[PDB]
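Next up: a structure with gantenerumab.
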Amino acid sequence: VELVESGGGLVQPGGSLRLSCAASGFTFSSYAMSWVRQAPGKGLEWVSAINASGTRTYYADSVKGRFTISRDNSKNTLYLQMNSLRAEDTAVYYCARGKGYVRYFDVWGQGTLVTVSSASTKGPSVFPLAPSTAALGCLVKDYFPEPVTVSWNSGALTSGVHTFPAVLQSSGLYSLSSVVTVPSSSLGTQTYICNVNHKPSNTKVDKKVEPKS
Amino acid sequence: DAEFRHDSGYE
Amino acid sequence: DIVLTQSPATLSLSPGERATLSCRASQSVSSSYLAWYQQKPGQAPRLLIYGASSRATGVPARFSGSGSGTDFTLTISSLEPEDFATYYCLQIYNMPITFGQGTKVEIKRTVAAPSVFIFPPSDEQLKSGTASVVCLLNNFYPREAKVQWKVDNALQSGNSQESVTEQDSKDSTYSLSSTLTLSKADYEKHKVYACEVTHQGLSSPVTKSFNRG
Ligand SMILES: *[C@@H]1O[C@H](CO)[C@@H](O)[C@H](O)[C@H]1NC(C)=O
């Protein structure tokens, strides 16, 4: 029993986007469905719902007249057509299966991130935070939209790693740091590489961070 | 599993 | 609309303690239609309790739900480390479907002072006309911390941004990054860069500084 969403990405305000949710492992046509969203750092908000047959749809006041929920039972797929998108529609969108009238949601998708912004897709610049236990890191600056991933030594280094939540700068671009604390004794012997991946711009960078000359 | 509880006319 | 008010907004509790989470509805809700969800960062909500009192499959007995009318309760008898998460109530009794705003259950641990580090901008960044100065506060508890930036004894107000991690899965501490933004010209105009850190775990403020060059 699974729900797999897709279709998320970046769109400009006033824009349109269609999300899909592919259902497997159960009789899709038997179940009422819903979309639920969660703005970054905020709570769950119901968006829209549809009965099993697709004959009746339901909308939250925030999205009524802008969003259309639909399903294709012959394709085990649920849709959400989002039109006239606004900055406050930015969120992870989840599809959820109704279970019993529907009494609760029992199965959820993995979620798909929708960002609504006028800012253009841009890959990060990656700068070293050189070690002066020692701390070192990478500054991942000036990218858009979320998200970026950071690992160290291609995943081999996890102990003492802290990758901070991104902050939106006044410039409208995100920036974050990833740091690691390591034994002072290892500096200049052990190689430390931060692996940065900004999938929205297909930007990947491996940056060696070393003590400054 | 099939329908949501609602007042008539709910949009 | 049925408003679900969850209280308290946050709980700080030690492993083995009882967690009592409340969900108050603005009007009566059939208990068959009131469910509780657990959510951890990066993950979809997980069904814990449906119909006010029934445990979902896989949910341990330490979770129990009760209540009726307008007052519902989720009790975790003895908190395990994996139980620290955010918890939402949901009603599907009437449209619009509504969620409570969530109760975040965080791990209480002993006071821990931050280890503070300061990082100059890299020469590479200076080539592009901007300077980022980073102050790291590592592995501290509780979350409350103040960072003050001074450049040649000038207090910096408004040109810095902060980011804080979630509690560490190993030690339940927080870390915080503060980034000061300056132009290269300004950076080169000044000598002494300092971040001053105030925290419960520190008897007096701790300052880390460097001299440019
Ligand atoms: C929605 O679908 C269910 C199940 O097929 C059906 O019983 C119900 O009458 C439908 N509701 C409306 C308003 O069409």
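The sequence lines are taken in order and lettered A, B, and onward as chains. The residues of chain A that appear here are 2-101, 109-140, 148-228 by the PDB entry count, in order. The numbers used for chain B are those of the PDB entry, and the residues that appear cover 1-11, in sequence. All chain C residue numbers match the PDB entry; in order, they span 1-213.
Put simply, copies of gantenerumab show up as chains A and C. What binds gantenerumab (chains A and C) most in this entry is, by the naming of UniProt, Amyloid-beta protein 40. As for the chains of gantenerumab (chains A and C), the most heavy-atom pairs under 4.5 Å with chain B are counted for chain A.
Between chain B and the residues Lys65(A), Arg98(A), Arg57(A), the most heavy-atom pairs under 4.5 angstrom are made by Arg57(A). Contacts between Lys100(A) and chain B at a heavy-atom distance below 4.5 Å involve backbone atoms as well as side-chain atoms.
The source species given by the entry for chain B is Homo sapiens. Neither the backbone nor the side chain of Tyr112(A) has a heavy atom closer than 4.5 Å to any heavy atom of chain B.
The greatest number of non-hydrogen atom pairs below 4.5 Å with chain B, out of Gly66(A), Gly99(A), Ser30(A), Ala33(A), is found for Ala33(A). Here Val110(A) is the residue among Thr58(A), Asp114(A), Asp62(A), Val110(A) with the most heavy-atom pairs under 4.5 Å with chain B. For gantenerumab (chains A and C), the epitope on chain B (heavy atoms below 4.5 Å) is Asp1(B), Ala2(B), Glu3(B), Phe4(B), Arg5(B), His6(B), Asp7(B), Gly9(B), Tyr10(B), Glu11(B). The paratope on gantenerumab (chains A and C) facing chain B, with heavy atoms under 4.5 Å, is formed by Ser31(A), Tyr32(A), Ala33(A), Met34(A), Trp47(A), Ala50(A), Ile51(A), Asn52(A), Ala53(A), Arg57(A), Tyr59(A), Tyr60(A), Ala61(A), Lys65(A), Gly99(A), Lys100(A), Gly101(A), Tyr109(A), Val110(A), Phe113(A), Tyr33(C), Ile92(C), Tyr93(C), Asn94(C), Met95(C), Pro96(C), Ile97(C).
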